[PDB]
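Along the sequence shown, residues are numbered consecutively beginning with 1. Read the numbers this way: they start at 1 and go in the same order the structure lists the ligands and their atoms. So this one's electron microscopy, 3.0 Å, going by the header. What you see below is based on every heavy atom in this structure, not just the backbone, and it leaves out hydrogens, waters and symmetry mates.
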Amino acid sequence: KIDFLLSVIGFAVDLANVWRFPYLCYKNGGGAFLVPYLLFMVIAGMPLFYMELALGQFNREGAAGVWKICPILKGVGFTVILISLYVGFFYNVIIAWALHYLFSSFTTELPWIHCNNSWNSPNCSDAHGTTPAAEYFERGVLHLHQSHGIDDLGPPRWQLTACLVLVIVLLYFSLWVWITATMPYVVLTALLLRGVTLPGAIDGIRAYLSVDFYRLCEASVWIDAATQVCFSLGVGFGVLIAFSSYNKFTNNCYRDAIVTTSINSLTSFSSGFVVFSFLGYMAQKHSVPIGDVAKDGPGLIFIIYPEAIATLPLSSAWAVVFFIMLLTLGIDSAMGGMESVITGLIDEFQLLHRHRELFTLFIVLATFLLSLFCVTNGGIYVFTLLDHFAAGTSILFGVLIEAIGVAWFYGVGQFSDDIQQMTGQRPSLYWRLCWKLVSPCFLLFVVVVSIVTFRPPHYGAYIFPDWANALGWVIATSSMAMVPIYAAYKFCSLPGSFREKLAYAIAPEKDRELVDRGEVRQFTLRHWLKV
Ligand SMILES: Fc1ccc(C(OCCN2CCN(CCCc3ccccc3)CC2)c2ccc(F)cc2)cc1
Ligand SMILES: *[C@@H]1O[C@H](CO)[C@@H](O)[C@H](O)[C@H]1NC(C)=O
Ligand SMILES: *[C@@H]1O[C@H](CO)[C@@H](O)[C@H](O)[C@H]1NC(C)=O
């Protein structure tokens with residue numbers, strides 16, 4: 001009842017709809033990003049959500065223990081864990097920035113209002129060049145002007161290192177909801193009501209709701225939309241399976257999938273609406289076009305929202321409340337992502353059941369030491385590289401392998417009966433077709449297009465060198481290469497001839513009685529042709 005609805009709210013809003021979605025909408029065409037996003041959502045965001053929810057609820061294992069249905073494909077369980085670790089590495093930095101801004105908001109005069117300060121260049125325009133908020137961010141919080149690229153980083157900054165330490169301590173002691181869940185909705189509604197009334201908001205709304213029919217012919221908005229759907233829904237991170245492994249057996253995993261995706265899409269739409277409504281007003285007030293008012297990067301919202309707060313009556317209170325909300329949202333997301341990895345590695349190995357605090361300490365210390373790279377002078381370059389290369393092709397490859405392993409090796413007709421065991425009904429033809437044919441081919445197309453059509457990352461005008469791209473590709477392939485290695489190890493470890501090795505490697509562990517009598521279900525084509 002109310003506990004069910006309060007659980008949907010927690011999954012409906014996260015840091016991926018407030019921080020990344022508007023920045024990806026602005027980077028691509030305004031309104032040309034909403035067509036691939038909605039198409040990919042409808043096609044392969046509900047089937048995958050349903051699949052992971054049901055798999056976790058039925059097999060009662062975190063991330064790699066659910067692969068008793070196909071022992072040879074356990075490498076995706078480690079791939080998703082590596083992806084989660086990589087994501088958390090740069091996920092901590094956003095919380096550090098939010099803490100910095102929250103501490104800086106306790107003033108009678110906000111520091112990002114005018115440019116008379118010591119961190120301002122002559123190229124600053126006051127309501128007329130660079131805006132005071134972007135200059136304040138870059139040259140007072142990041143100190144980006146002292147870095148000459150990714151090959152020249154410098155020592156870490158002592159102001160942001162303290163925030164990172166505080167975030168790490170809080171996360172560890174939280175890992176070892178009535179107020180925390182309904183605060184972002186109130187804040188976003190208030191911001192939307194404010195931004196609707198601003199003089200130049202209609203132009204931004206029109207640019208947001210207009211679809212450009214020439215930006216859809218480029219193979220970048222599709223990849224961005226697919227990766228953003230994966231980021232927002234949590235598919236491909238190992239989080240949904242781990243969360244659902246604790247749910248009741250006779251739980252309706254279909255209604256949850258139907259409702260959570262709808263509410264998530266509505267929240268994403270509202271966030272983009274607010275951001276573009278403020279962008280239009282800024283562009284009108286600065287006498288510049290909408291596309292030439294900011295840079296495409298993870299500095300949006302951090303540049304926009306302070307300027308929106310500055311126009312409210314008592315701006316200090318609004319700023320404090322907004323940054324507290326952002327801090328809580330980021331903490332929740334990071335703690336969930338880290339708990340996924342911790343529980344997966346605890347379930348996998350047996351010695352660690354006597355190493356709980358001494359394992360969480362190791363994980364958080366490694367995360368802190370790896371996040372220390374992004375608090376240097378040139379940390380935004382490392383942030384951009386990580387954001388481009390940690391997920392994307394690797395996460396889509398992992399999702400494709402998971403879908404293939406569940407729908408072709410185990411069997412969609414057996415998955416349906418497993419669902420019908422816990423819930424009184426079984427999936428219809430639409431769900432089975434989407435699981436078996438529609439989703440895998442689209443995922444394969446997106447993966448192939450992403451690999452063949454490579455676009456180097458950039459931050460405004462800086463173009464990354466060759467070795468940066470090589471290191472990024474190594475980082476991306478490190479998690480992807482976990483499937484063939486485990487497959488080869490599993491094949492070589494099992495005893496018997498080739499046929500017996502294959503039979504024990506592809507058949508489920510609950511079918512050993514049938515396999516021992518020469519009754520392998522995967523040695524006939526009726527099993528592979530059945531939808
Ligand atoms: F095991 C679980 C325990 C708790 C939760 C809570 O949700 C967290 C919301 N997720 C949204 C999806 N994000 C995508 C990954 C990004 C990321 C970031 C850093 C490192 C790695 C990955 C992860 C976070 C929750 C909240 C209300 C509730 F009622 C129940 C659970 C989930 C699973
Ligand atoms: C900046 O400060 C100087 C000295 O305090 C002052 O003369 C100048 O007018 C200020 N700039 C603006 C735009 O007011
Ligand atoms: C700032 O403006 C001056 C002109 O007054 C210009 O010469 C300089 O290049 C500008 N700085 C930039 C664009 O970084």
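In this structure, of iodipamide, astemizole, doxycycline, vanoxerine, sisomicin, the molecule at ligand 1 is vanoxerine. The chain with the most heavy-atom contacts to vanoxerine (ligand 1) in this structure is named in UniProt as Sodium-dependent dopamine transporter.
Binding site of vanoxerine (ligand 1) at 4.0 Å (heavy atoms): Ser7, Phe11, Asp14, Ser84, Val87, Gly88, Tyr91, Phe231, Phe237, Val239, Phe243, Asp332, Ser333, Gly337. Among the Na(+)-binding residues UniProt records for chain A, the set within 4.0 Å of vanoxerine (ligand 1) by heavy-atom distance is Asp14, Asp332, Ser333.
With heavy atoms counted under 4.0 Å from vanoxerine (ligand 1), the transmembrane segments of chain A in UniProt's N-terminal numbering that qualify are 1, 3, 6, 8. The source organism of chain A, per the PDB record, is Homo sapiens.
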